[PDB]
Amino acid sequence: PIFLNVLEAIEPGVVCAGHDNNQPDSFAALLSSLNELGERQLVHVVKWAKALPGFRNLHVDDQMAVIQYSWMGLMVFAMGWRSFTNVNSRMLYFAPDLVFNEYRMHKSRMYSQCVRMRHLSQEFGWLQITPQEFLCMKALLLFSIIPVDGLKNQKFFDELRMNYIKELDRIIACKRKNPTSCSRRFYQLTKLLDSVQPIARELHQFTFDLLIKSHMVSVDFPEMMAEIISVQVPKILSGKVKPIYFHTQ
Ligand SMILES: Cc1ccc(OCCn2c(SCCC(=O)O)nc3ccccc32)cc1
Ligand SMILES: C[C@]12CC[C@H]3[C@@H](CCC4=CC(=O)CC[C@@]43C)[C@@H]1CC[C@@H]2O
């Protein structure tokens, strides 16, 4: 279990949003805080990603690019896990200082997106996902969205991604005998992983739209979130970068 040792070792800790819970739950303040949270989580994603097995093998610009495309899905997925483990998915556990109850979901003007995240969160319970399955799935999300005309070194990305797939299939297989079980489970998890993309994409639209009208609406975007949402997000919205699904939509 060397591969799991590593995933378990490099797993980031609690990251706080910095939200002043004394302030009244407004849109402006809810969204600026989610944005600061994003920026803070980004630092930890960079650090986690570079320590993943095989990751520095990728061309250096490709390293930056896969992080910059996939962050939304990584963070959304980890947030659902957190939500599942700390609050049985009843609310959205963005951070220990930024838990969204129903009121906050309405106030953030994202209610239907949060509903979709809460569903994603509950799949962890419905499927009885293990911490091992979770870590390997999250690692595979790093490798699940790319430009349609390839990366700088695509051949290396393809072998790497294949190895992560092999690893998740292992994590399922150290466990079971009579083999419809292992087939159903791999099916279940590839389906779950696919389900992160449409949600990620809603949040891409929303944050983009938000950044456009941000000065009109008193929502702050920190430097890195501003740059990524203006330079890389639109490549996704314009279909120059697309998720890699397991099953056709
Ligand atoms: C099917 C297969 C292929 C190679 C292999 O070797 C182990 C190396 N390895 C890598 S390097 C990925 C390719 C690249 O950087 O261009 N990443 C791994 C992740 C998990 C386990 C081994 C990994 C093993 C099997
Ligand atoms: C992108 C965004 C800020 C960062 C948020 C994102 C919602 C999903 C999310 C979950 C996290 O746990 C980290 C912060 C992020 C990544 C937010 C939706 C709109 C807002 O602008």
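Just so it is clear, chain A uses the PDB entry numbers, and the residues here are 671-919, in order. Heavy atoms only: backbone and side chains are in, while hydrogens, waters and symmetry mates are out. Counting starts at 1 for both ligands and their atoms, following the listed order. Header lists the method as X-ray crystallography, 2.4 Å.
Considering oseltamivir carboxylate, azapropazone, testosterone, the drug or drug candidate at ligand 2 is testosterone. Structurally, the main neighbour of testosterone is the chain that UniProt identifies as Androgen receptor.
Lab note: per PDB, source of chain A = Homo sapiens.
Taking any N or O of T877, backbone or side chain, at least one lies under 3.5 Å from an N or O belonging to testosterone. Measured by heavy atoms, testosterone lies under 4.0 Å from these UniProt 17beta-hydroxy-5alpha-androstan-3-one-binding residues of chain A: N705, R752, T877. At a heavy-atom distance under 4.0 Å, only side-chain atoms of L701, from C-beta outward, approach testosterone.
Heavy atoms of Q783 stay at 4.0 angstrom or farther from testosterone.
Of the listed options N705, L704, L744, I898, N705 places a heavy atom closest to atom 20 (C) of testosterone.
Considering only non-hydrogen protein atoms, atom 9 (C) of testosterone sits nearest to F764 CE2, 4.1 Å. Under a 4.0 Å criterion applied to the non-hydrogen atoms of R752, testosterone contributes the atoms 12 (O). For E872, no heavy-atom contact with testosterone is shorter than 4.0 Å.
Against a heavy-atom cut-off of under 4.0 Å, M742 is close to the following atoms of testosterone: 1 (C).
Most residues around testosterone in chain A come from the UniProt domain NR LBD. Here the heavy atom of the protein found nearest to atom 8 (C) of testosterone is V746 CG2, 3.8 Å.
In this structure, the binding site of testosterone at 4.0 Å (heavy atoms) is formed by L701, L704, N705, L707, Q711, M742, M745, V746, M749, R752, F764, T877, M895.
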